[PDB]
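Below is Cytochrome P450 11B2, mitochondrial with fadrozole bound.
To find a chain, count down the sequence lines: A is the first, B the second, and so on, and within it residues start at 1. When a ligand or atom number is given, it counts from 1 through the structure's own listing order. Part of the entry, not all of it, is on display, and contacts are counted within that displayed part. So this one's X-ray crystallography, 2.7 Å, going by the header.
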Amino acid sequence: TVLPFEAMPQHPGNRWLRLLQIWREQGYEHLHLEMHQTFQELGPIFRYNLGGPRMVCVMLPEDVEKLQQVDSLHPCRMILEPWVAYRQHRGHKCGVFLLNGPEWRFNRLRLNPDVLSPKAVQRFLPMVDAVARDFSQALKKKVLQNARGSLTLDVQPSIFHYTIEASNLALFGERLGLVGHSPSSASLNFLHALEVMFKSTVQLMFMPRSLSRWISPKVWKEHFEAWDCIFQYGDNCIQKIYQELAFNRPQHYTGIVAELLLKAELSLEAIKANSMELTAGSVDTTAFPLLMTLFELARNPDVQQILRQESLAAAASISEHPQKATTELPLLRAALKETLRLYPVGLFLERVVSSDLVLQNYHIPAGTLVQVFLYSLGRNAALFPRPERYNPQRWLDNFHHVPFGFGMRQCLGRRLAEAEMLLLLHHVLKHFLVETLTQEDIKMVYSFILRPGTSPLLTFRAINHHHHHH
Amino acid sequence: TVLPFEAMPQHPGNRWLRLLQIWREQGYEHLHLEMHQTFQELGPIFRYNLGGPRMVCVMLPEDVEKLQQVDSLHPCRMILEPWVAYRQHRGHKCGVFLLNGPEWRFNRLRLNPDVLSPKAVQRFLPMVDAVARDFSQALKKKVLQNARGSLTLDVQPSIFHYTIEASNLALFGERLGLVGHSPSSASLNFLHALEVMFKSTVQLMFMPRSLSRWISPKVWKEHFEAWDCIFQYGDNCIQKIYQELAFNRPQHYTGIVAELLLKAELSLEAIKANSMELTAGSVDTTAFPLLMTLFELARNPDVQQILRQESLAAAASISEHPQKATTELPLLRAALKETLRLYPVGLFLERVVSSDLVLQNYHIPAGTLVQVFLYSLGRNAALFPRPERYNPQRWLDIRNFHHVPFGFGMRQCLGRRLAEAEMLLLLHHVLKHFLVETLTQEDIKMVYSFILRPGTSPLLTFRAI
Ligand code: HEM
Ligand code: HEM
Ligand SMILES: N#Cc1ccc([C@H]2CCCc3cncn32)cc1
Ligand SMILES: N#Cc1ccc([C@H]2CCCc3cncn32)cc1
């Protein structure tokens, strides 16, 4: 006795009122708070009167599980129009982020061994580790200059450059000295273009191209300029590795995009496509969780001390083999789960479902956009007693951690992001105390990704008073 | 056995695509055509989705009849928000065109006697007649200066200036010097302001102020600025007459607005709002049909003769007694009806219906906005056999509800008789002196900017007979 779809509670909003609001305010920064309010009012599930087709909103781990079982051989998420529009506009391919069906599987099966797999991690992680080391050392050099052995800064810029750097090293095998040196104009341009892309994504996202073409011509013009810039940044990288490997096939490991070029299992343009997604994808999605993690430790000193204690003890064996940072810092790994529980950069998981299923005892038809809202999911008091508490212990005691998604589609950059975040935190922790007066909740803001709206003024205080030694 | 509301056919599109359409287009110039191929395609009645509120579009006399039968004691047209908002902005009252309820009735009842009465019509018809005599007289001077004894021009300018001159005389007893001379900057400003006011109205009309406010704030600047020019024109007129009456009450007839001022049944403020409506309302609505009529006569020389023959035959007693023109030119009175059938100035009739009723075996809830759509109505080839035929004879036996281009009930156009007199009188004098021709045989594209209007001025030749 399952309830018919038509009998599911309904988000009260006109698709058109949202759209005009996006037109007026040039964005939709509270999306997540609204959604959250909506589950709060209506409960675990609801449907949204969309532009015609059925779409449903869920927030329970149970629902993710079922969603995973219904994953075909080709799971589907929605065609993000403005992004694809650009690719077809310049005649490019699309990486796994923008693909569906046979083309997606083909690519993903050829990217898993070299981006995601555990044998890939083990080659690229010591490279990340070196970048992570330079971050702290450089931050320590600046810290010890100060009479008080501390520095108080907005760490956002430098975190964003750490991830431009750690990533570009792992990906391409070049250091672009953006750690312990000022931003370049090339890196500042890139960052800005990525911001413009997301903002202009949100403006064009909520309406068909046929209509947005004539009511927002210059949003489109903005979006393509931003991409043109993101693409110039990423094609410059491609050109350099590509010419280099034309003349010398290395004996040793020189990064992820080198494996893909060597192994030649993918066409040049298919590699170009997937390189871009990795260069663009590796920056913001990693930086905000680091930032938010830095904030949570800063304002939970007792948890900070615990994570340090663990990192101080594993110090010696991690500088011996940096690869042991995965298995030896499980509290730190847990802290990340916790940061992403509260601050889920990917706001929601998306499936355009290909077979009737049952969620929450309602019946879901073939082609329903099911959408899993990870903000409300993370804050469910029933599943996460005291959700407002940052308590990484919570995780040590299943589908509760799913911020990278699930199944075969699960984030290709998961382990790179994980390594990058984990390793930076490890070195910061053994070297510095992290502090703030700014102990009130940071207001998160939606522009395609869920990001902090402000940056807290953080303090890094040296524990030792030495440049190398913790 | 009565089908309930939502059983009715549904206009394809939505208010939102409409808004945005209008935003980018800056207009809705095809509304009449768009509504027409909706009647063609869906039937003689349909609903339009306002997402909650209730609208019905109808095209048949049969239905108009029932609409009237359900006029209240206070028949309602909808609040025309932009126009009313201007009255709020500047602190003036509303006239009869924008009122509803007891305030409407109180105004209208004190308005008909001097604006619409047959008795009124006798007092001002000879004034109108003077101006239309000056029109042909002037046209004739120019025509005879030419070797072929004819002049080919675009008359739209001089026609508009005619209706300004004739309204001003009828309304204020004042005679501007516009007929047979040059447009003054005031009149030109005035015609511009009016046409911008219509333009801007369409741009704000189809969305609530809560949207137009931020979507189209320049269009609001544009709308009010147009009205400021319109209120400057009429208030100048009011001011003049107010002063002359404070000083001397005349023993004789000197205009419509004088009779209102001398009676003082209505308040000064109320007299002002109505006088303004009559001044703005007596220009584009009269002038466009009068042009369309000239075009159709040029297009149908054999209808032009019949009419010319009637006017020459009635010339003498009309010259001697102007007032008789209402009764001695029945074919010319029919031609007006004919023009208004094919070219209805006010595109739709309108009632926010007070009681329940049934139209076309559909149930229509109280509070519903029922619109009659006259362009379709008059083009109903099943009701007017050979509908694109200009045939004045069509109207020689009057049933009534085939001719509703001024509306119906207590609400029917207050300016109706002044309108008909002006158009009647001009054509009469033009017919006795000139033949009217064009090579332009092809239909003229109507355009919708709040009123339905030609989008082109056909080039006309006038030849002295
Ligand atoms: C903590 C940071 C990150 C989070 C929270 C995250 C999360 C996600 C999520 C939720 C999805 C959708 C998964 C699904 O539909 O099952 C996804 C897809 C994807 N992400 Fe990430 N990601 C992160 C970092 C990265 C990085 C650094 C990269 C690139 C180096 C990356 C590249 C991708 C790609 C290529 C896809 C498409 C995968 C596919 O469709 O197979 N992500 N990610
Ligand atoms: C060919 C000439 C005209 C046409 C086709 C026309 C059309 C109309 C229509 C269709 C209505 C609506 C009545 C209703 O909804 O029941 C109306 C009302 C009105 N008209 Fe005209 N009109 C014309 C000339 C004029 C003139 C010259 C004036 C000014 C002297 C004028 C002033 C008004 C006013 C004040 C109303 C409001 C009546 C009320 O609600 O009581 N009209 N007209
Ligand atoms: N091209 C491209 C591209 C740019 C940014 C991303 C980021 C931002 C969107 C959500 C997400 C999950 N994993 C990575 N990402 C992903 C792809
Ligand atoms: N104020 C004013 C005002 C200005 C123009 C008009 C015109 C044009 C709109 C429909 C109509 C019916 N009778 C006259 N009119 C009516 C009122």
Which ligands, or which chains, stand for fadrozole? ligands 3 and 4
Find all other chains that place a heavy atom under 4.0 Å from fadrozole (ligand 4). B
Give me the UniProt-annotated heme-binding residues in chain B that sit with a heavy atom under 4.0 Å from fadrozole (ligand 4). none
What residues end up in the site of fadrozole (ligand 4) at 4.0 Å, going by heavy-atom distances? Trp83(B), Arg87(B), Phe97(B), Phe198(B), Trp227(B), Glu277(B), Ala280(B), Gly281(B), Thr285(B), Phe450(B), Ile451(B)
